[PDB]
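We number chain A the same way the PDB entry does; the residues here are 536-809, in that order. The header says X-ray crystallography, 2.1 Å. Quick note: numbers below take in every heavy atom, side chains included, and nothing from hydrogens, waters or symmetry partners. All ligand and atom numbering here is 1-based and tracks the order in the structure.
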Amino acid sequence: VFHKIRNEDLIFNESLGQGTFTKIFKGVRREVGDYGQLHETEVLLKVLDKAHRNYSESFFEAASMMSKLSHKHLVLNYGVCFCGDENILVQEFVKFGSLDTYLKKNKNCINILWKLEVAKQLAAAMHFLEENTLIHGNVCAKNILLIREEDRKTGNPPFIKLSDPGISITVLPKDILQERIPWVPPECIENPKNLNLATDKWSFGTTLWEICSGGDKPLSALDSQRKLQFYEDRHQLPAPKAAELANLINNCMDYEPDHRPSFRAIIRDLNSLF
Ligand SMILES: Nc1nc(Nc2ccc3c(c2)CC[C@@H](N2CCCC2)CC3)nn1-c1cc2c(nn1)-c1ccccc1CCC2
(Lines of atoms letter the chains of each structure in order from A and count residues from 1; the text may use other names and numbers.)
(Lines give C-alpha, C1' and ligand atoms only; values in the text may rest on other atoms or scores of the structure.)
Protein backbone atom coordinates (compact mmCIF):
# COMPACT_ATOMS: atom_id res chain seq x y z
CA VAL A 1 0.00 0.00 0.00
CA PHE A 2 1.19 3.51 -0.86
CA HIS A 3 1.69 6.45 1.49
CA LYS A 4 -0.47 9.31 0.21
CA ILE A 5 1.23 12.63 -0.59
CA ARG A 6 -0.77 15.77 -1.31
CA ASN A 7 -0.75 17.82 -4.49
CA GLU A 8 -0.36 20.73 -2.06
CA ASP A 9 3.06 19.37 -1.02
CA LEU A 10 4.35 18.49 -4.51
CA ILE A 11 5.81 20.97 -7.01
CA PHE A 12 6.41 19.85 -10.61
CA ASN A 13 9.54 21.08 -12.37
CA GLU A 14 11.50 20.19 -15.49
CA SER A 15 11.01 17.06 -17.56
CA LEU A 16 13.77 14.50 -16.99
CA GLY A 17 12.96 12.00 -19.75
CA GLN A 18 10.58 9.34 -21.00
CA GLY A 19 9.87 5.70 -20.36
CA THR A 20 7.47 3.31 -22.05
CA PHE A 21 4.16 5.22 -21.85
CA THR A 22 5.56 7.35 -19.00
CA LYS A 23 7.15 10.75 -18.42
CA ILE A 24 9.34 11.78 -15.49
CA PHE A 25 9.85 15.23 -13.99
CA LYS A 26 12.07 16.64 -11.28
CA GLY A 27 10.00 17.76 -8.31
CA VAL A 28 10.06 19.32 -4.86
CA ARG A 29 8.26 17.79 -1.87
CA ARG A 30 7.49 19.71 1.30
CA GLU A 31 7.54 17.23 4.17
CA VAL A 32 8.12 16.84 7.90
CA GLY A 33 11.34 14.93 8.50
CA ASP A 34 13.30 13.59 11.44
CA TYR A 35 12.94 15.62 14.64
CA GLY A 36 9.99 17.42 13.05
CA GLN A 37 12.25 19.44 10.75
CA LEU A 38 10.66 20.92 7.63
CA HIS A 39 12.35 19.80 4.41
CA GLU A 40 11.83 20.63 0.75
CA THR A 41 13.21 17.43 -0.75
CA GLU A 42 14.15 16.86 -4.37
CA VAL A 43 11.93 14.07 -5.74
CA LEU A 44 11.32 12.13 -8.95
CA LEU A 45 7.77 12.33 -10.32
CA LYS A 46 6.67 9.58 -12.72
CA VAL A 47 3.42 10.03 -14.66
CA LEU A 48 1.52 7.44 -16.67
CA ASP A 49 0.46 8.97 -19.99
CA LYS A 50 -3.26 9.69 -20.25
CA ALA A 51 -3.59 7.79 -23.53
CA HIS A 52 -2.34 4.68 -21.69
CA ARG A 53 -4.20 4.63 -18.36
CA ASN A 54 -4.99 1.02 -19.33
CA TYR A 55 -1.56 0.12 -17.90
CA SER A 56 -2.09 1.77 -14.50
CA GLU A 57 -2.17 -1.50 -12.54
CA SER A 58 1.13 -2.83 -13.90
CA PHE A 59 2.50 0.72 -13.66
CA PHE A 60 1.67 0.76 -9.93
CA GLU A 61 2.39 -2.89 -9.09
CA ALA A 62 5.83 -2.25 -10.61
CA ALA A 63 6.61 0.35 -7.94
CA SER A 64 4.93 -1.70 -5.20
CA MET A 65 7.66 -4.32 -5.61
CA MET A 66 10.27 -1.72 -4.62
CA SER A 67 8.31 -0.72 -1.49
CA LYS A 68 7.74 -4.20 -0.02
CA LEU A 69 11.54 -4.62 -0.25
CA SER A 70 14.31 -2.37 1.05
CA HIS A 71 17.93 -2.58 -0.11
CA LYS A 72 20.78 -0.10 -0.47
CA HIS A 73 20.82 -0.60 -4.27
CA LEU A 74 17.07 -0.17 -4.89
CA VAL A 75 15.39 3.17 -5.57
CA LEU A 76 13.03 4.32 -2.83
CA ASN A 77 9.36 4.99 -3.34
CA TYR A 78 7.85 7.78 -1.26
CA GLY A 79 4.23 7.25 -2.31
CA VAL A 80 1.66 8.47 -4.82
CA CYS A 81 -0.23 11.72 -5.36
CA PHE A 82 -3.77 12.41 -6.50
CA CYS A 83 -2.16 15.31 -8.38
CA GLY A 84 -5.24 15.84 -10.56
CA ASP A 85 -7.22 13.28 -12.53
CA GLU A 86 -3.86 11.61 -13.08
CA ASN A 87 -1.79 8.68 -11.81
CA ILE A 88 1.57 9.79 -10.44
CA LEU A 89 4.41 8.09 -8.53
CA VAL A 90 6.66 10.00 -6.11
CA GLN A 91 10.15 8.54 -5.82
CA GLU A 92 13.76 9.13 -4.87
CA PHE A 93 15.69 11.62 -7.01
CA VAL A 94 19.16 10.32 -7.90
CA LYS A 95 21.65 13.18 -8.29
CA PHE A 96 23.59 12.11 -11.39
CA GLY A 97 20.86 10.32 -13.34
CA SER A 98 21.00 7.37 -15.69
CA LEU A 99 24.09 5.23 -16.13
CA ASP A 100 23.79 4.91 -19.92
CA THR A 101 23.92 8.70 -20.26
CA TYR A 102 26.78 8.87 -17.76
CA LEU A 103 28.83 6.20 -19.58
CA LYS A 104 28.68 8.13 -22.86
CA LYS A 105 29.35 11.47 -21.18
CA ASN A 106 32.39 10.20 -19.24
CA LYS A 107 33.78 7.37 -21.38
CA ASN A 108 37.30 8.83 -21.38
CA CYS A 109 37.38 9.21 -17.59
CA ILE A 110 35.86 5.80 -16.70
CA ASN A 111 38.24 2.86 -16.33
CA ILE A 112 37.61 -0.88 -16.13
CA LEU A 113 37.72 -0.84 -12.32
CA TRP A 114 34.88 1.70 -12.28
CA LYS A 115 32.93 -0.56 -14.64
CA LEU A 116 33.70 -3.65 -12.55
CA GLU A 117 32.49 -1.99 -9.35
CA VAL A 118 29.17 -0.93 -10.87
CA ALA A 119 28.67 -4.43 -12.27
CA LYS A 120 29.23 -5.89 -8.80
CA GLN A 121 26.66 -3.55 -7.25
CA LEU A 122 24.04 -4.42 -9.88
CA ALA A 123 24.75 -8.13 -9.38
CA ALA A 124 24.32 -7.73 -5.62
CA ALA A 125 20.98 -6.01 -6.24
CA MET A 126 19.91 -8.82 -8.57
CA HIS A 127 21.05 -11.45 -6.06
CA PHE A 128 18.79 -9.81 -3.47
CA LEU A 129 15.88 -10.03 -5.92
CA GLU A 130 16.61 -13.65 -6.85
CA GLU A 131 16.73 -14.65 -3.18
CA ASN A 132 13.29 -13.04 -2.85
CA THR A 133 12.08 -14.86 -6.00
CA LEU A 134 11.22 -11.54 -7.65
CA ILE A 135 11.45 -10.83 -11.38
CA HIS A 136 12.43 -7.28 -12.32
CA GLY A 137 12.06 -7.64 -16.09
CA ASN A 138 13.60 -4.36 -17.24
CA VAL A 139 17.27 -4.38 -16.26
CA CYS A 140 19.11 -1.86 -18.44
CA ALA A 141 21.70 0.88 -18.11
CA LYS A 142 18.89 3.42 -18.49
CA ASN A 143 17.22 2.09 -15.32
CA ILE A 144 20.47 2.19 -13.30
CA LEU A 145 20.99 5.51 -11.53
CA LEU A 146 24.25 6.96 -10.21
CA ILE A 147 23.90 8.10 -6.59
CA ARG A 148 27.56 9.04 -6.19
CA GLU A 149 30.56 9.61 -8.44
CA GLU A 150 33.97 8.08 -7.96
CA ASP A 151 36.26 10.18 -5.75
CA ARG A 152 39.72 9.87 -7.29
CA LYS A 153 41.26 11.84 -4.42
CA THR A 154 40.17 9.26 -1.82
CA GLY A 155 39.67 6.31 -4.17
CA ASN A 156 36.04 6.10 -3.08
CA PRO A 157 34.02 4.08 -5.62
CA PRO A 158 30.77 5.08 -7.35
CA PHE A 159 27.37 3.98 -6.08
CA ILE A 160 24.29 3.01 -8.09
CA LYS A 161 20.66 2.04 -7.57
CA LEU A 162 18.28 -0.01 -9.70
CA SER A 163 14.98 1.73 -10.46
CA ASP A 164 11.62 0.00 -10.48
CA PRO A 165 10.92 -1.96 -13.68
CA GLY A 166 7.94 -0.01 -15.02
CA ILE A 167 5.11 -1.53 -17.03
CA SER A 168 5.68 -5.28 -17.22
CA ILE A 169 6.82 -6.85 -20.47
CA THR A 170 4.01 -9.39 -19.99
CA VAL A 171 1.43 -6.77 -21.05
CA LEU A 172 3.37 -4.55 -23.45
CA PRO A 173 2.50 -4.87 -27.16
CA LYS A 174 4.88 -6.85 -29.32
CA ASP A 175 6.31 -3.86 -31.22
CA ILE A 176 7.64 -2.37 -27.98
CA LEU A 177 8.99 -5.78 -26.91
CA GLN A 178 10.85 -6.15 -30.21
CA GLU A 179 12.34 -2.67 -29.85
CA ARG A 180 13.70 -3.86 -26.49
CA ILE A 181 15.68 -6.70 -28.05
CA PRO A 182 18.30 -7.69 -26.87
CA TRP A 183 17.34 -6.68 -23.31
CA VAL A 184 14.13 -8.74 -23.58
CA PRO A 185 15.37 -12.36 -23.66
CA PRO A 186 14.43 -14.66 -26.55
CA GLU A 187 12.02 -16.83 -24.54
CA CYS A 188 10.01 -13.70 -23.68
CA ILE A 189 9.82 -12.69 -27.34
CA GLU A 190 8.21 -16.02 -28.25
CA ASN A 191 5.91 -15.92 -25.19
CA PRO A 192 5.91 -12.81 -22.97
CA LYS A 193 3.30 -14.30 -20.62
CA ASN A 194 5.65 -17.01 -19.26
CA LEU A 195 8.31 -14.78 -17.65
CA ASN A 196 10.71 -16.85 -15.51
CA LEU A 197 13.34 -15.82 -12.97
CA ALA A 198 15.98 -16.49 -15.64
CA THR A 199 14.78 -13.39 -17.52
CA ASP A 200 16.92 -11.05 -15.41
CA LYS A 201 20.10 -13.07 -15.98
CA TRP A 202 19.84 -12.48 -19.74
CA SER A 203 19.03 -8.78 -19.35
CA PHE A 204 21.91 -8.51 -16.87
CA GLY A 205 24.27 -9.69 -19.60
CA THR A 206 22.90 -7.07 -21.98
CA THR A 207 23.22 -4.30 -19.38
CA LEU A 208 26.77 -5.49 -18.70
CA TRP A 209 27.43 -5.03 -22.42
CA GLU A 210 26.26 -1.42 -22.14
CA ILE A 211 28.61 -0.82 -19.20
CA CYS A 212 31.58 -2.17 -21.17
CA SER A 213 30.56 -0.37 -24.40
CA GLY A 214 30.69 3.17 -23.01
CA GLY A 215 26.98 3.85 -23.47
CA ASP A 216 26.45 2.27 -26.89
CA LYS A 217 23.15 0.48 -27.48
CA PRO A 218 23.71 -3.12 -28.65
CA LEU A 219 22.02 -3.83 -31.99
CA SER A 220 20.72 -0.26 -32.33
CA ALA A 221 21.48 -0.42 -36.06
CA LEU A 222 18.95 -3.26 -36.48
CA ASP A 223 15.25 -2.64 -36.98
CA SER A 224 12.62 -4.74 -35.22
CA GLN A 225 12.39 -7.46 -37.86
CA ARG A 226 16.18 -7.74 -38.01
CA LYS A 227 16.31 -7.92 -34.21
CA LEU A 228 13.87 -10.84 -34.41
CA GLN A 229 16.11 -12.48 -37.02
CA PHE A 230 19.04 -11.97 -34.65
CA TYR A 231 17.30 -14.24 -32.12
CA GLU A 232 16.02 -16.69 -34.75
CA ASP A 233 19.60 -17.20 -35.97
CA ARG A 234 20.78 -17.54 -32.35
CA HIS A 235 23.40 -14.81 -32.62
CA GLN A 236 25.38 -13.41 -29.69
CA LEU A 237 26.50 -9.84 -29.06
CA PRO A 238 30.04 -8.95 -30.17
CA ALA A 239 32.73 -8.57 -27.56
CA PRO A 240 32.67 -4.98 -26.24
CA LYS A 241 35.81 -2.91 -26.80
CA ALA A 242 36.67 -3.52 -23.15
CA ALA A 243 36.52 -7.31 -23.58
CA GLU A 244 37.13 -8.08 -19.89
CA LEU A 245 33.50 -9.13 -19.32
CA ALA A 246 32.73 -10.63 -22.74
CA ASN A 247 32.64 -14.24 -21.55
CA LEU A 248 30.48 -13.34 -18.55
CA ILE A 249 28.14 -11.49 -20.92
CA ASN A 250 27.73 -14.47 -23.24
CA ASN A 251 27.36 -16.85 -20.29
CA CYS A 252 24.48 -14.76 -18.94
CA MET A 253 22.98 -14.34 -22.43
CA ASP A 254 22.40 -18.08 -22.79
CA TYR A 255 19.55 -19.08 -25.09
CA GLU A 256 18.67 -21.85 -22.62
CA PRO A 257 17.07 -20.14 -19.59
CA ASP A 258 17.75 -22.98 -17.14
CA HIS A 259 21.47 -22.82 -17.98
CA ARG A 260 21.93 -19.17 -17.03
CA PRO A 261 24.05 -18.96 -13.86
CA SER A 262 22.86 -17.79 -10.47
CA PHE A 263 23.76 -14.27 -9.42
CA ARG A 264 25.85 -15.76 -6.62
CA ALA A 265 27.88 -17.46 -9.35
CA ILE A 266 27.95 -14.19 -11.31
CA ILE A 267 29.30 -12.21 -8.34
CA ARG A 268 32.01 -14.78 -7.64
CA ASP A 269 32.91 -14.52 -11.32
CA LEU A 270 33.08 -10.72 -11.10
CA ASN A 271 35.20 -11.01 -7.95
CA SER A 272 37.48 -13.57 -9.64
CA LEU A 273 38.64 -10.98 -12.21
CA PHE A 274 41.13 -9.53 -9.68
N1 LIG B 1 14.66 7.71 -9.80
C2 LIG B 1 15.33 8.65 -10.72
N3 LIG B 1 16.08 9.65 -10.37
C4 LIG B 1 16.52 10.28 -11.51
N5 LIG B 1 17.43 11.52 -11.52
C6 LIG B 1 17.84 12.17 -12.74
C7 LIG B 1 17.02 12.19 -13.88
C8 LIG B 1 17.47 12.85 -15.07
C9 LIG B 1 18.76 13.50 -15.08
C10 LIG B 1 19.57 13.49 -13.96
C11 LIG B 1 19.11 12.82 -12.77
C12 LIG B 1 20.99 14.13 -13.85
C13 LIG B 1 21.29 15.36 -14.63
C14 LIG B 1 21.54 15.19 -16.19
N15 LIG B 1 22.75 15.04 -16.54
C16 LIG B 1 23.46 16.02 -16.35
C17 LIG B 1 24.60 15.55 -15.37
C18 LIG B 1 24.32 14.16 -15.11
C19 LIG B 1 23.53 13.77 -16.05
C20 LIG B 1 20.60 13.95 -16.81
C21 LIG B 1 19.13 14.15 -16.43
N22 LIG B 1 16.03 9.63 -12.55
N23 LIG B 1 15.30 8.61 -12.09
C24 LIG B 1 14.55 7.64 -12.90
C25 LIG B 1 14.84 7.51 -14.29
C26 LIG B 1 14.02 6.52 -15.02
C27 LIG B 1 13.05 5.80 -14.33
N28 LIG B 1 12.84 6.01 -12.98
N29 LIG B 1 13.58 6.90 -12.32
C30 LIG B 1 12.17 4.82 -14.92
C31 LIG B 1 12.02 3.63 -14.19
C32 LIG B 1 11.20 2.64 -14.69
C33 LIG B 1 10.50 2.82 -15.94
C34 LIG B 1 10.66 3.98 -16.64
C35 LIG B 1 11.51 5.00 -16.13
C36 LIG B 1 11.66 6.31 -16.93
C37 LIG B 1 13.07 6.67 -17.42
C38 LIG B 1 14.24 6.28 -16.54
request  = Tell me the drug found at ligand 1.
outcome  = bemcentinib
task = Give the name from the PDB entry for the chain that makes the most contacts with bemcentinib.
result = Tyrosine-protein kinase JAK2
inquiry  = Could you pull out the residues near bemcentinib at 4.0 Å? Heavy atoms only, by chain and number.
reply    = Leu551, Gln553, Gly554, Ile559, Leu579, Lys581, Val610, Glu627, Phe628, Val629, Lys630, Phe631, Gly632, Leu680, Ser698, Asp699, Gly701
ask   = Nearest to atom 35 (C) of bemcentinib, what protein heavy atom do you find, and at what distance?
value = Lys581 CD, 4.2 Å
message = Among all the protein's non-hydrogen atoms, which is closest to atom 32 (C) of bemcentinib, and how far away is it?
response = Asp699 O, 3.0 Å
ask   = Measuring to protein heavy atoms, does anything land under 4.0 Å from atom 22 (N) of bemcentinib?
value = yes
query = Per the deposit, which organism is listed for chain A?
reply = Homo sapiens
key: Closest protein heavy atom (residue, atom, distance) for atom 2 (C) of bemcentinib   = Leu680 CD1, 3.2 Å
ask   = Given the protein's heavy atoms, is any one of them under 4.0 Å from atom 18 (C) of bemcentinib?
value = yes
message = Could you identify the single nearest non-hydrogen protein atom to atom 28 (N) of bemcentinib and state the distance to 0.1 Å?
response = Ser698 CB, 4.1 Å
